[PDB]
Structure formats: C-alpha cells, structure tokens
Chemist: 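Here's one more: a structure with grazoprevir in it.
Since chain A takes its numbers from the PDB entry, the residues it shows come out as 990-1179. Counting convention: from 1, in listed order, for ligands and their atoms alike.
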Amino acid sequence: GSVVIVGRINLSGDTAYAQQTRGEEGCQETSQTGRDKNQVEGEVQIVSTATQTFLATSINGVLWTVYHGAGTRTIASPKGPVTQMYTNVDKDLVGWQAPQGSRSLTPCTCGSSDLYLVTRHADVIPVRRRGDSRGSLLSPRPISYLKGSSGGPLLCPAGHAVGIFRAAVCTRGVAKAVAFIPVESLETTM
Ligand SMILES: C=C[C@@H]1C[C@]1(NC(=O)[C@@H]1C[C@@H]2CN1C(=O)[C@H](C(C)(C)C)NC(=O)O[C@@H]1C[C@H]1CCCCCc1nc3ccc(OC)cc3nc1O2)C(=O)NS(=O)(=O)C1CC1
Ligand SMILES: [Zn+2]
C-alpha cells in the first residue's frame, strides 16, 4: 500500500513539537486506497508504511525521504496514489511532489557548518558539519533515540535545508555522527 502522512514536526511558532494528525486503524485503510483527505501543513511530515514510521521533508516542490523507509511506494494524496518523482536506491532516496497544504524549505546557500537535525520527537539537536555527507553530534546519543528520524532535514542557522538524514555512525550503540544526503545531491537528482 501507499505511504501515509500521519502527522508533522512543527517549527511554525516558537517551539519544536510533533503533531500526530492520524490514528493507526485509519492508516492501514488510506494505505489501501491512497486517497488522503486529511489536512497537511508545513515542511516536515511524519509518514508511515504498514511496518515503519519515519520523516519526510519538502524542499522546493518535492517531498523527500529515504528509500529504506518508503521502498517503491506511492504516497496518499487527496486525488489518489502519487507516484515517486525520483527513486535512487544507491543514495537511499525517494522524491514525490510536495503534498497539498504543505510549505517547502529553502535550500541552504550560506555554507555554514553549524547545523541542526530534527528528530521525530521534536528535538532539534546541534550538529557540526564534518564534510560532504556527514556531521558530528555535539552530544552523542544512543541510536534508539534517533530511529524513526530518517527523512528529517538538517537545518542551518537560518532555516534552510542542508540535507536529509540517512544513517547514524555508531560504535558501542552510541551515535556521535550522522549521514545525510546533502541538498547539492538532491537537485543533481532532479
Ligand atoms: C538513527 C537511525 C538512522 C536514521 C536511520 N537510518 C538507518 O537506520 C539506516 C538504514 C540502514 C541502516 N541505517 C543506519 O543508520 C545504520 C544503523 C546501524 C542502523 C545505525 N548505520 C550505518 O549503516 O552506518 C554506516 C555508516 C553508514 C554507511 C551508510 C549506510 C547506508 C544507508 C542506508 N542506505 C540504504 C539504501 C537502500 C536501502 O534499501 C532498503 C537500505 C539502506 N539502508 C541504509 O542503512 C533511521 O532512523 N531509520 S528508520 O527511520 O528507523 C527506518 C524506518 C525507516
Ligand atoms: Zn544556510
């Protein structure tokens, strides 16, 4: 079945917080039809498949996420299933067209190396950029704390997107760094 939107990570007002906008029973049904009537808002969504929950990010008219979450699934829209606009397995990438209601982020051009990852829990965790696809956390966390966050953006200190969270670098079960698909790598895909 189709990937379904089931909430959003908000940074609209002042505070960073999750907003579940759908329940579970009524997930495994919209995922049958792919007709999502529910109101969608803003940049960072929570989407789910039957088995998994993870994030997805809109940057200039494309809702991006990870292929390792979404597989080759359509997404649910008010008009039916919306086919993937972009599907790179190697990168771990999947793009659809930005769903209706949404906002979209602006792609980062300031080349700052201070960044901010956004987990499914509404935590905006500091990350110092460390080259190409990678960043180091200022305060390491256990892996489990970040599972379900793939698809969320890394932001720069002015609101723009630098990439999309892909994987976490762990030893001992502890994450001191992460792997993301940089924005330069997205428009290359387009
Ligand atoms: C903090 C959680 C973290 C963000 C999450 N990502 C992962 O867990 C990924 C998925 C998988 C293993 N991942 C990892 O993070 C591992 C892990 C040991 C688990 C820390 N880390 C790791 O390999 O480190 C190595 C240095 C990097 C080398 C690069 C790794 C390659 C990345 C990757 N690519 C592809 C492309 C296609 C695939 O086809 C199906 C599959 C893939 N799988 C991949 O990695 C997540 O939250 N997921 S999620 O939301 O819970 C789930 C619902 C969706
Ligand atoms: Zn920037």
Chemist: Just need the ligand numbers or chain letters for grazoprevir, all copies if there are several.
Modeler: ligand 1
Chemist: Starting from atom 8 (O) of grazoprevir, find the nearest protein heavy-atom neighbour and note its residue, name and distance.
Modeler: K1136 NZ, 3.1 Å
Chemist: Considering only the protein, which heavy-atom contact is closest to atom 51 (O) of grazoprevir, and what is its distance?
Modeler: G1137 N, 3.0 Å
Chemist: List the closest protein heavy-atom neighbour of atom 18 (C) of grazoprevir: residue, atom name, distance to the nearest 0.1 Å.
Modeler: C1159 SG, 4.3 Å
Chemist: Considering the heavy atoms of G1058, write down every atom of grazoprevir situated less than 4.0 Å from one of them.
Modeler: 54 (C)
Chemist: Below 4.0 angstrom, counting only protein heavy atoms, does anything approach atom 12 (C) of grazoprevir?
Modeler: no
Chemist: Can you tell me which portion of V1078 lies within the under-4.0 Å heavy-atom range of grazoprevir? Options are side chain, backbone, both, or neither.
Modeler: backbone
Chemist: Find the other ligands and ions that have an atom under 4.0 Å from grazoprevir.
Modeler: none
Chemist: Return the closest protein heavy atom for atom 44 (C) of grazoprevir as residue, atom name and distance.
Modeler: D1081 OD2, 4.3 Å
Chemist: Considering only the protein, which heavy-atom contact is closest to atom 46 (C) of grazoprevir, and what is its distance?
Modeler: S1139 CB, 3.6 Å
Chemist: Which atoms of grazoprevir are found less than 4.0 Å from any heavy atom of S1138?
Modeler: 47 (O), 50 (O)
Chemist: Considering heavy atoms of the protein only, find what lies nearest to atom 26 (C) of grazoprevir and give residue, atom and distance to 0.1 Å.
Modeler: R1123 NH2, 3.8 Å
Chemist: What protein heavy atom is closest to atom 3 (C) of grazoprevir, reported as residue, atom name and distance in Å?
Modeler: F1154 CZ, 3.9 Å
Chemist: Take every heavy atom of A1168, measure it against each atom of grazoprevir, and state whether any distance is under 4.0 Å.
Modeler: no
Chemist: Who's the nearest protein heavy-atom neighbour of atom 39 (O) of grazoprevir, and how far?
Modeler: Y1056 CD2, 3.8 Å
Chemist: Which option wins on minimum heavy-atom distance to atom 40 (C) of grazoprevir: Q1041, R1155, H1057?
Modeler: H1057
Chemist: Closest by any non-hydrogen atom to atom 15 (O) of grazoprevir: pick that one out of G1141, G1162, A1157.
Modeler: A1157
Chemist: Taking the minimum heavy-atom distance to atom 23 (O) of grazoprevir, which of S1037, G1060, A1156 ranks first?
Modeler: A1156
Chemist: Which residues form the binding site of grazoprevir when counting heavy atoms under 4.0 Å?
Modeler: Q1041, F1043, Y1056, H1057, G1058, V1078, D1081, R1123, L1135, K1136, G1137, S1138, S1139, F1154, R1155, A1156, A1157
